[PDB]
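Entry overview - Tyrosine-protein kinase ABL1 with rebastinib in place.
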Amino acid sequence: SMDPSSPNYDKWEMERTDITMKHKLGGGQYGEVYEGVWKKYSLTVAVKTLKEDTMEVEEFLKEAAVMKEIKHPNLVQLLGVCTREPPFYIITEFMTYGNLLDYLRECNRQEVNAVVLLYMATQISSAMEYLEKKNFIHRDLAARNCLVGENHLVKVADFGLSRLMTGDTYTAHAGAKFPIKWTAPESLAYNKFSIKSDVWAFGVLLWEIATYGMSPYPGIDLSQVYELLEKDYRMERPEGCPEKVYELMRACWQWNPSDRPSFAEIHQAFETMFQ
Ligand SMILES: CNC(=O)c1cc(Oc2ccc(NC(=O)Nc3cc(C(C)(C)C)nn3-c3ccc4ncccc4c3)c(F)c2)ccn1
Ligand code: NA
Ligand code: NA
């Protein structure tokens with residue numbers, strides 16, 4: 001009786017009218033993403049849009065397709081889509097405190113203390129263990145792509161920031177575009193990626209967390225990063241970072257991807273870090 005019956009049924013397709021669109025999120029730097037309220041469930045959501053036929057549709061539908069397969073407590077959750085006609089919507093759960101990078105930079109450090117930092121990292125570890133299980137390469141793992149919810153809930157996401165972020169975050173190396181300071185050496189030289197290149201990115205993220213959102217490789221110019229890494233230069237241990245978290249960072253930044261731990265081994269590392 002209540003079970004679906006009609007030929008064009010799609011369990012992900014939602015009633016546009018159920019959603020009231022509020023204002024743009026992330027002051028423009030995160031693309032066409034808005035706060036919304038799913039009316040009947042007294043639920044605030046995030047709604048990524050595509051105004052009309054810009055021919056950006058294929059890129060948008062593919063993101064939708066990806067998010068439908070992804071289900072984990074520390075990965076952004078798809079709630080529904082409006083993809084039968086424009087304006088196209090991707091509706092996800094709303095994460096109150098926005099991206100992790102700005103969160104860390106603006107937080108009260110007595111509340112977001114060293115224990116909370118370690119716990120946030122553990123949540124990211126678990127999310128990447130799951131992606132590794134699904135054999136999904138993130139490609140742009142970083143605090144700017146992590147989201148923070150209530151009670152220090154952290155979720156890995158991807159805003160497609162390489163086409164949105166102005167400045168010296170994403171630039172050219174050997175003629176290809178990278179977030180240079182989060183990119184594994186082999187990815188810079190060969191423009192290829194793997195689960196182990198996300199492992200390198202996770203070590204940088206660890207350093208971002210430990211420093212409350214400092215920019216990696218302080219002061220070092222972008223075009224200096226690769227040659228520095230090749231000589232075995234690695235970022236120093238942040239102030240107040242326990243040794244075993246720092247050795248995990250250093251394990252993620254092994255020159256050879258074969259020597260980097262798996263995300264499964266990274267999460268075990270957090271589990272056994274005491275005694
Ligand atoms: C205040 N709070 C807020 O501002 C706020 C905002 C908010 O908005 C959104 C956050 C993320 C997404 N999208 C994704 O997360 N996509 C995703 C994840 C993955 C993984 C699985 C690789 C991580 N791949 N892709 C993904 C896949 C394909 C893509 N193709 C091109 C472009 C990007 C792509 C991303 C979104 F649509 C809306 C949510 C909660 N709070
Ligand atoms: Na830490
Ligand atoms: Na280790």
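Throughout, residue positions are numbered sequentially from 1 according to the sequence presented. Method of determination (from the header): X-ray crystallography, 2.1 Å. Just so you know, ligand 1 is whichever comes first in the structure, and atom 1 is the first atom listed for that ligand. Computed from heavy atoms alone, side chains included, the values below leave out hydrogens, waters and symmetry copies.
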Give the place of rebastinib in the structure, all copies included. ligand 1
If we set the cut-off at 4.0 Å for heavy atoms, which region of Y97 has an atom near rebastinib (ligand 1): side chain, backbone, both, or neither? neither
From the candidates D158, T49, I70, the one that places a heavy atom nearest atom 21 (C) of rebastinib (ligand 1): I70
Closer than 4.0 angstrom: is that true for some heavy atom of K62 and an atom of rebastinib (ligand 1)? no
Could you check the entry and tell me where chain A comes from? Homo sapiens
Judged by non-hydrogen atoms, does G98 sit under 4.0 Å from rebastinib (ligand 1)? yes
Curious here: most residues of chain A touching rebastinib (ligand 1), which UniProt domain are they in? Protein kinase
Who's closest to atom 15 (O) of rebastinib (ligand 1) heavy-atom-wise, of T44, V76, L141? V76
I'd like to know if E93 contacts rebastinib (ligand 1), where contact means a heavy-atom distance under 4.0 Å to any ligand atom. yes
Rebastinib (ligand 1) N/O within reach of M95 N/O, cut-off under 3.5 Å: yes
Heavy-atom proximity of rebastinib (ligand 1) to UniProt active-site residues in chain A: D140, 7 Å
Where on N99 is there a heavy atom closer than 4.0 Å to rebastinib (ligand 1), on the side chain, on the backbone, on both, or on neither? neither
Could you check which UniProt-annotated ATP binders in chain A have any non-hydrogen atom under 4.0 Å from rebastinib (ligand 1)? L25, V33, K48, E93, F94, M95, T96, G98
Any nitrogen or oxygen of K48, side chain or backbone, less than 3.5 Å from one on rebastinib (ligand 1)? no
Counting each atom of rebastinib (ligand 1) from 1 as listed, which ones have a heavy atom of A46 under 4.0 Å away? 6 (C), 7 (C), 8 (O), 39 (C), 40 (C)
Any idea which of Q77, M67, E63 brings a heavy atom closest to atom 27 (C) of rebastinib (ligand 1)? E63
Counting only distances below 4.0 Å, which other ligands and ions neighbour rebastinib (ligand 1)? none
Measuring from the heavy atoms of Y30, does anything fall under 4.0 Å of rebastinib (ligand 1)? no
What residues line the site of rebastinib (ligand 1) at a non-hydrogen cut-off of 4.0 Å? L25, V33, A46, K48, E63, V66, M67, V76, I90, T92, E93, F94, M95, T96, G98, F136, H138, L147, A157, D158, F159, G160
